[PDB]
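Chains: lettered A, B, ... by order of sequence lines. Throughout, chain A uses the PDB entry numbering, with the displayed residues spanning 441-500, 507-575, 608-714 in order. Note that chain B carries the PDB entry numbering, so the residues on display, from first to last, are 13-227, 235-298, 320-401, 432-513, 525-1057. Just follow the structure's listing: the first ligand is 1, and inside any ligand the first atom is 1. Heavy atoms only: backbone and side chains are in, while hydrogens, waters and symmetry mates are out.
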Amino acid sequence: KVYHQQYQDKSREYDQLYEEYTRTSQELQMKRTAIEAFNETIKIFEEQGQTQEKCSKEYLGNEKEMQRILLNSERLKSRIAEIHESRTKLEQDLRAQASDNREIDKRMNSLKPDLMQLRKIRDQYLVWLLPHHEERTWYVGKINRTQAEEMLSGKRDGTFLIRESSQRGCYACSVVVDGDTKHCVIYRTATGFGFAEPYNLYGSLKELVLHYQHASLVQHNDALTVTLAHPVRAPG
Amino acid sequence: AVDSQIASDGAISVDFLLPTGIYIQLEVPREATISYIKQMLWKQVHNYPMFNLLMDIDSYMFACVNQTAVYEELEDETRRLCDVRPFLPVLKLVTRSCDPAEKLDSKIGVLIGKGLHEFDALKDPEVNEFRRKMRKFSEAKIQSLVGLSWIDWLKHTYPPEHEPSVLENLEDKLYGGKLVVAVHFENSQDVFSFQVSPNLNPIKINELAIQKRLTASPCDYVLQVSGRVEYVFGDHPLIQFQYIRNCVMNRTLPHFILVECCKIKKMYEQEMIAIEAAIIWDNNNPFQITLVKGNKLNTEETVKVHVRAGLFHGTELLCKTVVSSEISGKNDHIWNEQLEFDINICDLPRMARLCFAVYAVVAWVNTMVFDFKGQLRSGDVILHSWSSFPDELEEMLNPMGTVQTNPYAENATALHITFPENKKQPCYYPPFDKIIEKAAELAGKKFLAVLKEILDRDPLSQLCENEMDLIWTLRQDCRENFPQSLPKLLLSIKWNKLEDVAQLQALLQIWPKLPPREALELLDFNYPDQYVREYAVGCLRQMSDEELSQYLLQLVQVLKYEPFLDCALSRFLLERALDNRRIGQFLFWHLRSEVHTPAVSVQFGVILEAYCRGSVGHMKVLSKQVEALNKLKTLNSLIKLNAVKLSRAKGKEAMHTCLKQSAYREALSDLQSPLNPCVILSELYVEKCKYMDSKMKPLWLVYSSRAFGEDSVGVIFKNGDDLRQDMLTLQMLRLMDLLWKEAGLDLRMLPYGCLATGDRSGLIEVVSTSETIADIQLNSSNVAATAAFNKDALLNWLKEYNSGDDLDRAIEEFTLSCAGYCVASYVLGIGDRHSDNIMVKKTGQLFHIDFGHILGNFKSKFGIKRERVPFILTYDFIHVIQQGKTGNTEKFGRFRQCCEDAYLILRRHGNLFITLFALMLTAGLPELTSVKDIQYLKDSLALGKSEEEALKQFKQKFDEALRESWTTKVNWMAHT
Ligand SMILES: CS(=O)(=O)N1CCN(Cc2cc3nc(-c4cccc5[nH]ncc45)nc(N4CCOCC4)c3s2)CC1
């Protein structure tokens, strides 16, 4: 009777299994490498047993060398001993790590179809296959910096009241920075509007304002800090 | 504890197995010279019986078992005991003159990391059938090498690189026609300069070279590139040689050394000295398979039992998902059942793949219906399954997975199966000729419009039945107008019946050869046929070694896919690698990098020895490197340890002293770069070698190319990380640079060298005079250290190293390289790029560095997830392009032009990208897991939409980044 509640926490249970398995399988080929090496070392010691027995039959003085050789065959016998035990203890640890990895495929492959069953519910989950918004709130038509500084002085340290530039068919932006009012030129171009050439792709002087309340002025000038939180017509 | 390499200092108790069986144990210092030990043992030899049946020290040499079960005959008596870490302390003193050419078989097993006996230990026919097949051919090449006179040998060992008409795009980056080339004689201290036509033959430089009054034929001399085993000679124009082309292209001075024939003769003779060390169809009935028991103890709550079957030919299924009899899914595993296969035995593809699994709701084995010689697999066969190895998506039964079974028996799954062995005379595949006779017996200007709209849709896009029908219907018409459509056609017909198959095979022979770039598709999962593949490579066989080296990575990954061993691809790759320009080395290196992994261990292992064998000469150099790399691994291991108890600057010293020691300065010095086979390595500039701040503390090796090489080389050895994503994304970048230059666009890109040499090991190549943009920014007086720490730091940087005229090229090279990277990044969906991973050379060139994730978002292995990588631009790039110059429309416009142009060029070869990323599925990358992954490209490249419908999309994406130009600039290093 259960539907969509969560997923993310049980999803990561696969890696809680896979992160240790990959390390374990890696250690198992590594542990098998040594048994191959161990089983190959023995082969050389085994060859020694043959040679010491064949080379010893060479008695072509013979009484004192009967025991000196015997001793060395019996020490060489005792080396292949501890190295058969040393190999067996590693062979026992392979059997252990390998058994543990089988009890993990018992956990790994049991949680894999949970996502396969989820497919019918999961893929069917379907439905689909701001005070600057007013023009006059920041626009102040034909003005001069003198008349711009006038209004803005006394207002908060982040207000927008944009004039029109001294320059023929341009615009300007009079802004109260954290300290006082600063005025920059906003430009017209076929590409749109904006303070500087590669960065003036704004269709309207309003969509610009709307995309500079989020973004800082700092790029165009280090001096021009604060963005635009308040235009004109504050509550209360 | 599994090997002696951890923090320990003193002597070690080693066993000395004499030829007379005299066992002797002696405590010998750990870091002792193997000759010092040989001498040491010799002292006590007499206090032990049989002291007289021995010869002198110098007639005997030690032998051991490596950390890899290999019997290591130690000729080089100068190696430290620990520098040749024997698995067990034991050393068998053998006679130096143990000449049975099993001393060769030692030398080989050692290089590879698999002892040759292991192939005999498999006892399975094919391994031996093919080791012996290749050995015949490998030894034919060794024999080809013996006759050859001087210079002709060079053409076989290090052949010069040719590149016709690449200049018919970009012309004369030379003062007039005249090329400026530099030459000096062998051990000469004085160089000479020449003004030369780029259209002349190298012989003119030799004629000019002899014009030095100091009192031989120009032909008795050869032009070797100064600091590389790279040679330039032959009846060809100077510009045609890739070397010259590059110097021309990057306004660099071609550096040549003149070698007297007798010096190359000398090398040839010393190599030939070592070369001497070479001492039924008519069975109209249904097909069905009988099987017996399984072997699982595994228990499940919601569902009890598990058992499945079914058979395919690539992706295409030929039967329904056949189930089986229910036993005890919590206890009893033994059973028997006759498995129903509603398919005739006559209409069966010789490349048919019988697949098996169980009810996952759990292991799998997939084994082929036919064998190495196309004999119907029949009789009792054991199938060693892959438990907990199935991928998340497989279409019930997995058809993709290997036909080569699990190496483990104990505590690793298996399966019992029998096939119709019945008759004393068996059933073999219909001959390579008889299927053409089957077709001969069986015997569109309007459509031109329709099928162009069908035979276009990208390799990953799979056709719907009706399309398939028309493709087969109008098959002769498309053969004549759309030859490039056979990949689509080869998938149109169901491989279920022989009549169509015959007609299809007939077509291939009478079908023209597609280009190598195109042919590559015919080597993925879609096309498993032994004759399409034989033709696919057919086309590759007609490609340059330089073009070959390009698609080599994924060609090696197709060897991983291959179901057999004696395939045309292996035969081709070895045929090519045995005649290498530098091919053989990468072929060899790429193979070891994976021989460590079970499923490929036999595969690559065999191929590897088959190379080593045909490479009896060069063998020394490859080993020189293997030793060079191991020494690095350890020094790094010690570097990790040091870093804890050592100061950043004290651990540097530690590293420096370690390098300065007898063992290091010998091993990892004066023996050829693995990254570039031509690049010589020579003396280390120790004082300048370092290790990185990173979690794996990677080494930074600087190689002062002594006297001859103009400047220094710089390598990065990194052990602990998967260096394969980089290795592939860097190769992808090399392609984009290829394609753009092809179309006509040198965006001055830097896909710097990268090779993963093993398991989480490998090398990155260092780019000279470079710097991280984070590095450039901090440690600079940011506009008199007053405002915005970022702005113009990157500009002043360039200004510092570029004087007047130079500043223009610098910013010019900055722009297009930035443009080139901006596109290539987005397109390949390279994520989480920050000023810490973007870099700038002192030439102005820009480039990328930490390729953690591609074709989706970067999330660590624990929680690996995907996200669309948007196009990104930083304020910092624009600012430089601009120069800070408040208003323009020619430089930040030149940028956008390039950006657009580039994006459009990639779109055209979008299929080439999707094909390579598709062949790279086998490789096993954490990212490339499925065809759902390659599907990212289709979107990034806007592969459905037309050029201008798709340009408009990107034209918008690019502008939207100019909107987030400071916004992204912030994300690059604010918190970072
Ligand atoms: C002095 S310090 O080295 O200890 N320290 C740590 C890092 N350094 C900056 C650099 C990091 C860096 N990482 C990489 C890399 C990292 C991980 C994976 C990779 N794939 N490719 C490169 C690379 N590739 C690099 N090269 C550069 C040029 O040639 C090319 C590479 C550089 S340069 C400076 C401060």
Drug at ligand 1: GDC-0941
Partner of GDC-0941 (ligand 1) with greatest heavy-atom contacts, name from UniProt: Phosphatidylinositol 4,5-bisphosphate 3-kinase catalytic subunit beta isoform
Chain letters near GDC-0941 (ligand 1) (heavy atom < 4.0 Å): B
Main UniProt domain of chain B at the interface with GDC-0941 (ligand 1): PI3K/PI4K catalytic
Heavy-atom contacts of GDC-0941 (ligand 1) within 4.0 Å: B/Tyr772, B/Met773, B/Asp774, B/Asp807, B/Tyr833, B/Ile845, B/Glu846, B/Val847, B/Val848, B/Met920, B/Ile930, B/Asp931
